[PDB]
Undergrad: 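Have a look at the structure that comes next, please.
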2 protein chains.
Amino acid sequence: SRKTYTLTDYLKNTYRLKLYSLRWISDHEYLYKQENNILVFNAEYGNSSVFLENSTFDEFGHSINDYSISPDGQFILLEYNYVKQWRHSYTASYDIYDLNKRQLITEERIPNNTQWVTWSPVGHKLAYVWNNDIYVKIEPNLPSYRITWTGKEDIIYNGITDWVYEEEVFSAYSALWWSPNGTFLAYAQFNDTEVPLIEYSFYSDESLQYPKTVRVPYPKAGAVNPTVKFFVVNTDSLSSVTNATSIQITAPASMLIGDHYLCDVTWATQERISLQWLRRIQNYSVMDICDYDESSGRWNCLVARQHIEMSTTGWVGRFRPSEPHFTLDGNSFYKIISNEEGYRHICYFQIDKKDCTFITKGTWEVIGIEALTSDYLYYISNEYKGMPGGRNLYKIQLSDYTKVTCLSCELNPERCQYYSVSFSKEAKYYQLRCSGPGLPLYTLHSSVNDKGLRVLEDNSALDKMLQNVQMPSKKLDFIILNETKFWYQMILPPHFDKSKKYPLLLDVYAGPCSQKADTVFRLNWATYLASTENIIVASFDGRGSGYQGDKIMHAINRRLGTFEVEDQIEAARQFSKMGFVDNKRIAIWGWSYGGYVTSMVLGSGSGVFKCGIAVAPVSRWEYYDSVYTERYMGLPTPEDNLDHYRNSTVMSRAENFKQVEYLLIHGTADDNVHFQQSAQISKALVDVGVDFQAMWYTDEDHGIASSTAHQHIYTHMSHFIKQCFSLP
Amino acid sequence: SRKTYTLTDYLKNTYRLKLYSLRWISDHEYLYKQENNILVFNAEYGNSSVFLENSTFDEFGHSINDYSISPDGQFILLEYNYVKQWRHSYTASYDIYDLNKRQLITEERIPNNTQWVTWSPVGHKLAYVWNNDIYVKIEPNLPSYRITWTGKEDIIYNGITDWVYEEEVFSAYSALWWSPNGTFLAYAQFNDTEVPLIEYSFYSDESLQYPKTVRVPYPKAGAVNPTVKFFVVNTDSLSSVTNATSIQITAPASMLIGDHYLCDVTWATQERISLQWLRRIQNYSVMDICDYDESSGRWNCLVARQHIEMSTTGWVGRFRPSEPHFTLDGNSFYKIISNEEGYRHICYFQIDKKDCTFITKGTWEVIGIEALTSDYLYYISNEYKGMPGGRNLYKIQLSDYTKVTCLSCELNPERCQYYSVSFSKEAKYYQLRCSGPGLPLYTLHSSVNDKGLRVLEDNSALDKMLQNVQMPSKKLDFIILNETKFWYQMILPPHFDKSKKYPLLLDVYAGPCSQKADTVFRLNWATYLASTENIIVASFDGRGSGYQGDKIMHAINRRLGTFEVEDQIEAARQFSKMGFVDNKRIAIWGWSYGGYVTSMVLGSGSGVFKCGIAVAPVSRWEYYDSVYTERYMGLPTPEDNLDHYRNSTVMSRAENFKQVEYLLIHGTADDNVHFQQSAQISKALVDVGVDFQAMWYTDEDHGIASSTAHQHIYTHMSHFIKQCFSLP
Ligand SMILES: COc1cc2c(cc1OC)[C@@H]1C[C@H](N)[C@@H](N3C[C@@H](CF)CC3=O)CN1CC2
Ligand SMILES: COc1cc2c(cc1OC)[C@@H]1C[C@H](N)[C@@H](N3C[C@@H](CF)CC3=O)CN1CC2
Ligand SMILES: *[C@@H]1O[C@H](CO)[C@@H](O)[C@H](O)[C@H]1NC(C)=O
């Protein structure tokens, strides 16, 4: 009788999840936006005031995209004229507003087309990047100091990342790091001079008579990478008539030997910086510890205090070497490291001592370190009930490592199994964020005795509405393969009957260190497919998946397109032998890495799958970027791993596609997984005489995320699946 | 006849048409290659010998693409290493072979990557173009003379055409014209300095890591055009000590005023050249008659012999001003011109005299002048039986214009209604070739008494095969609209039955001066659809179509995407009201201009069509090239024709596509109708939420002609049409 969850509900965001995004501003207060007011909340009591009225900036004359308020809170940055670049990068204009006065600063403004801006961590200093060069304002209404003069578009990057560093290393556009004082400004310089360029057409509005050619420095597998240098400037000693001095910190000898990456920059104290470096063969990394000399005014990284992290079985880290969390005095730190068993746990390092001490252990993994006080370290793990797809906050007493308390496990075990956390400065309070299996729940807690303070957002409005709809359910469980537990989830249609045979859609990603079987609550395409179309949407975490130790994660080493493709095939045969799937209506779809696996599955000749959809897939690893590809594959040389680079293409399997119905989709302005990749798949299918379906999205990138394109692609894909499953 | 005409019959050329391509080498002999042997034929008697044995070049080491024998029979050009550029252009390598001996010439070879080669019309002088420069050899074994020193890739073209002149004007890569003596070499020079570039990706073989960007000087509508200069060089006065001297013939004062083009080049005598020029606004053209000055070494074009061809109702010529046919003495010529009533007929021009004399008249059109003697003019018209889609050879006694013989009409009237002709030098003999309605038939005749000599190829081999296949039939008729006849054709299924109702596919082109209803015999996709799938395939020649007078052809002046679209809709409507058509199953499809019309029809909201396919369509006239577009559209300025440019796009009709099923196909390496055109169509449909089907062909151009791609596109369109029509 109830209404079902329709395609229009998903596409038009009918049932919206409520959030509670706060920004901690001290040990005891946070900011929060309510009816476009910025409010300040008191954590202990819950009382709030208005930080900045909504009626302010009504007369501004531009839509304010974002704000950033100075640490010692006298000013606010007004971000406007936002223009997106890649995943993280963008460009905007900035006004500064004097909070103690009534006024906007009208003099010595931050330029338009600024690439990145940051307040110092204390006070109100400003560092920004404009035309690839760094600038510093000591006071908001005073002239900026020019730190660098070398910045050149697409060639020299000062204080910002280039394409690969942004995407694959720092996950940020920024390459600026203030010291905790704000005295020193550390920054990276990238040089792309010999990095080859990827070129593609941008069609723009119909009024553009000639297409534009977009050109991006982008190193493909085995090509010339950018080079990096690292600098630190003393911001306290700047002159308005004399160019500033930047002291270079050079990478260790064991890196300078060949191609290498800067991997991590972490300030330890007011005068000590930590730097991680990684070799182009991502087997070997080095932590440098560099102290400032008050005498010479230089930085020195003592060779004897270098920490080395290498891997025997795979690469280093999950996607990169993990970051250190330093103790207040800067002499010791904690870092997630893979133990002797291959499970990732917290190791304790002391700076002039050689090894480290493991502080956690077991057949589970630490996801992240979240806070460190003198008495406690707070971390998230998937320990609870041996479920790799669950997430919980834990707390260790530093006086006794075996004294561990779960802080979130038993708060609401039916509703809440997937937490993240946001601590205040000094971690006097924390916000817990639950994500599933039930509706998201946001709560405020106090650290002293771990008291629940206040519920912040419980999604009761959403709960009301969803009782009027035939919601699907989710099963999360595991199967055994060669004496090993591999997890899966199923999104089961309402009124699920185990004697009826249902069509199954296999939803795949399967990238290295991925997880698609978990406990989070989602409203998405699969929700629609199960609720309205009565399709089972399964996902499975095979070899190469993350969070279950290295034996599973590193099984895929030097061998992408291999075990992770077999394990999706085998999971579907498994699901077949369960009594409720129609083994004649098994489909497969995935996006990105998911597209590659879908395509590799479809060209396998398994016979299991009737049809599949690949959206923006990798087709050949030599087409993807160097930092990512080479991490899992090594180099595409006969000396190294060429043979498997050449055996793991989608193209090589073109004949086998005559046994399946295939939908290939790609955005034309994909800067990440180039349209080229699908252009080669289709060319190979034509050459072999294999009919299939295609769809390009003009001027869309990897997300195909514009409002109209997003609605279009999901509409197109639904038709294809329904016709494949003979659904009306 | 049991077995049907299949898709695989079409795709694999199961039923090959035989041809008889001969090369006249004198008044009374021709060359003809048979297997790999070049034979020489005597026209009067029929006897023949092998001119060049297939064995001759067994040990050459390259497959030869083509041959060219010098007009004196002493030497042969061997073309190999053929690489296609655009529709007509290509590069190749050339060796010369002395025939009197039996030897390859090894010194002073024609270089690799030669862009064009031509023998003089008499003897064995060679002229060639390499790296955009002209060279001349007086003797095959001797060093070549460099004529031009200004050639520059994509900038200066000497003796070859740039993209637009090749495609739109000359239909040739060549821009060289030897005089009938071989004394003078005339040539054009093109300057693309300021012409904007179309840029698109080319992905190449799988091995290519980074796609290429192809960049072509290509003026879109209203953009900066190339400039042209004309030069004549004397080939008898060349020195291997001094640089060659090129004499410039400048355009007439009435062309020099604004942008213009070189239209036509036709030598009159050993010392007289004819030149036609056209204003960028192509309703005004000027013919210049230029004579050589023996005393000064110059060329003068007197205004007394200048002729103006202009048009009040449209543009000049069918696609360009027509070529002159001069009498031997060079003092007069014949030319196809639109008469007072707007029908195209032969005018007789005397060189220093005003006006011209129409020698033909009537409500029909001369297609071409084919040969001129002292006693007779030979031309092709559609006069016979008042059928615009028929073609016959005629003969005029020049002493009395009213005395016209039809030479081909009654030769075989049920089988043969569409002729072309090839006359020998001095026209003592002619090859007639008929193309339909029956199987092609090749015959030889002598001009003395117009006696049939010999049948050359009668396709009797194909006739027997087709006897054993269920072949469709062709209906050619007309319908009346206002008070005008508009012709159509239907390919009808075998065993057609007017009491039954058939699905109907409209096959559309409908560009200006097109004819889709003719008497030609074809084996194509439509053959398969009628024979195997029992679909009627209709084509219709409405307003804008050719060979019926300017009142019909010029209807579309300044107004593309109007009447020609309207008329196709009416045609389909009329076919509905015919008792043998199922009006719930009417489709439409077209390529290039036809894809544009298909789309405009599908976007019309007429309700007549269930589905349609557009291959490589134009979507907006500002995207197509200046020379073709401005001919019909004028300039896209507010003081010219911007409003109808803006009102005739496919994109603006996007909302209307929710009422139909649409398949859109484009090759990504289309240098002619750019992928941009379909890219914009798809974006418009997405912006408006219309589902449709798509298919790109990576690296395919306007023809989508590579054997795998050709097979793949027609397979794909066959599926689309079959499911649109509910055909199993
Ligand atoms: C936790 O931090 C990270 C998480 C993740 C990543 C990087 C991180 O930081 C380095 C990478 C970056 C990579 N570019 C992305 N891929 C794979 C490509 C298809 F094979 C297409 C594409 O966009 C996959 N994600 C997976 C999740
Ligand atoms: C008889 O000589 C000619 C015959 C023809 C033409 C030119 C001639 O002389 C130069 C033109 C040239 C034009 N480029 C071509 N189109 C139209 C475009 C679609 F809008 C895409 C495309 O390729 C259509 N053809 C039709 C036949
Ligand atoms: C909360 O209330 C206290 C006591 O009235 C007040 O001093 C404080 O400013 C309040 N905090 C906020 C954020 O309004």
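The sequence lines fix the lettering, A, B, ..., with proteins before strands; numbering per chain opens at 1. Both ligands and their constituent atoms are indexed starting at 1 by order of listing. Just the heavy atoms: all of them, side chains too, but no hydrogens, waters or symmetry mates, feed the values below.
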Undergrad: By the naming in the PDB entry, what macromolecule does ligand 1 touch most in this deposit?
TA: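 With more contacts than any other chain, that's Dipeptidyl peptidase 4.
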Undergrad: Please pick from flavopiridol, camptothecin, prednisolone, carmegliptin, olorinab the compound located at ligand 1.
TA: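 Of flavopiridol, camptothecin, prednisolone, carmegliptin, olorinab, it's carmegliptin.
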Undergrad: Going by heavy atoms only, which other chains approach carmegliptin (ligand 1) to less than 4.0 Å?
TA: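 Counting heavy atoms only, the answer is A.
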Undergrad: Heavy-atom contacts under 4.0 Å between A:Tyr628 and carmegliptin (ligand 1): side chain, backbone, both, or neither?
TA: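 Contact part for A:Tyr628 vs carmegliptin (ligand 1): side chain (C-beta onward).
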Undergrad: Tell me whether A:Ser592 has any N or O atom under 3.5 angstrom from an N or O of carmegliptin (ligand 1).
TA: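 Not met; the criterion fails.
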Undergrad: Could you check whether any heavy atom of A:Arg87 sits closer than 4.0 Å to an atom of carmegliptin (ligand 1), since that is the contact criterion I want to use?
TA: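 Per 4.0 Å heavy-atom rule, A:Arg87 contacts carmegliptin (ligand 1).
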Undergrad: Check each heavy atom of A:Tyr165 against carmegliptin (ligand 1) and say whether those closer than 4.0 Å belong to the side chain, the backbone, both or neither.
TA: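 It is neither part, as no heavy atom is under 4.0 Å.
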Undergrad: Provide the number and element of each atom of carmegliptin (ligand 1) under 4.0 Å from a heavy atom of A:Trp621.
TA: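 Heavy-atom distances to A:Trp621 below 4.0 Å select 20 (F).
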Undergrad: Does an N or O from A:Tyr593, backbone or side chain, lie closer than 3.5 Å to an N or O of carmegliptin (ligand 1)?
TA: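 No; every N/O pair is 3.5 Å or more apart.
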Undergrad: So is A:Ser171 in contact with carmegliptin (ligand 1), going by heavy-atom distances below 4.0 Å?
TA: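 Distance cut 4.0 Å: A:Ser171 passes for carmegliptin (ligand 1).
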Undergrad: Considering only protein heavy atoms, which is closest to atom 7 (C) of carmegliptin (ligand 1), and at what distance to one decimal place?
TA: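 Going by distance alone, atom 7 (C) of carmegliptin (ligand 1) is nearest to A:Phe319 CD2, 3.9 Å.
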Undergrad: For chain A, which residue flagged by UniProt as active site has the shortest heavy-atom distance to carmegliptin (ligand 1), and what is that distance to 1 Å?
TA: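 Nearest UniProt active-site residue by heavy atoms: A:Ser592, 3 Å.
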Undergrad: How far is atom 16 (N) of carmegliptin (ligand 1) from its nearest protein heavy atom, and which residue and atom is that?
TA: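 Atom 16 (N) of carmegliptin (ligand 1) sits closest to the protein heavy atom A:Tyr624 OH, 3.5 Å.
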Undergrad: Can you tell me which residue and heavy atom of the protein come closest to atom 10 (C) of carmegliptin (ligand 1), and the distance to 0.1 Å?
TA: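 For this ligand atom, the closest protein heavy atom is A:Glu168 O, 3.0 Å.
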Undergrad: Does any N or O of carmegliptin (ligand 1) fall below 3.5 Å from an N or O anywhere on A:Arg320, backbone included?
TA: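 Between A:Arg320 and carmegliptin (ligand 1) (N or O atoms, distance only) the closest approach is not under 3.5 Å.
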Undergrad: Could you check whether any heavy atom of A:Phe170 sits closer than 4.0 Å to an atom of carmegliptin (ligand 1), since that is the contact criterion I want to use?
TA: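 Judged by the 4.0 Å heavy-atom criterion, A:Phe170 does not count as contacting carmegliptin (ligand 1).
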Undergrad: Considering only protein heavy atoms, which is closest to atom 24 (C) of carmegliptin (ligand 1), and at what distance to one decimal place?
TA: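 Protein heavy atom with the smallest distance to atom 24 (C) of carmegliptin (ligand 1): A:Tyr509 OH, 3.3 Å.
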Undergrad: I want to know if carmegliptin (ligand 1) touches A:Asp625 in the polar sense, i.e. an N/O pair below 3.5 angstrom.
TA: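 So carmegliptin (ligand 1) has no N or O lying under 3.5 Å from an N or O of A:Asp625.
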Undergrad: Can you walk me through which residues contact carmegliptin (ligand 1) using 4.0 Å for heavy atoms?
TA: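 Using heavy atoms under 4.0 Å, it comprises A:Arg87, A:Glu167, A:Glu168, A:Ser171, A:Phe319, A:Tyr509, A:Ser592, A:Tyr593, A:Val618, A:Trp621, A:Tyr624, A:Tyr628, A:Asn672, A:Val673, A:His702.
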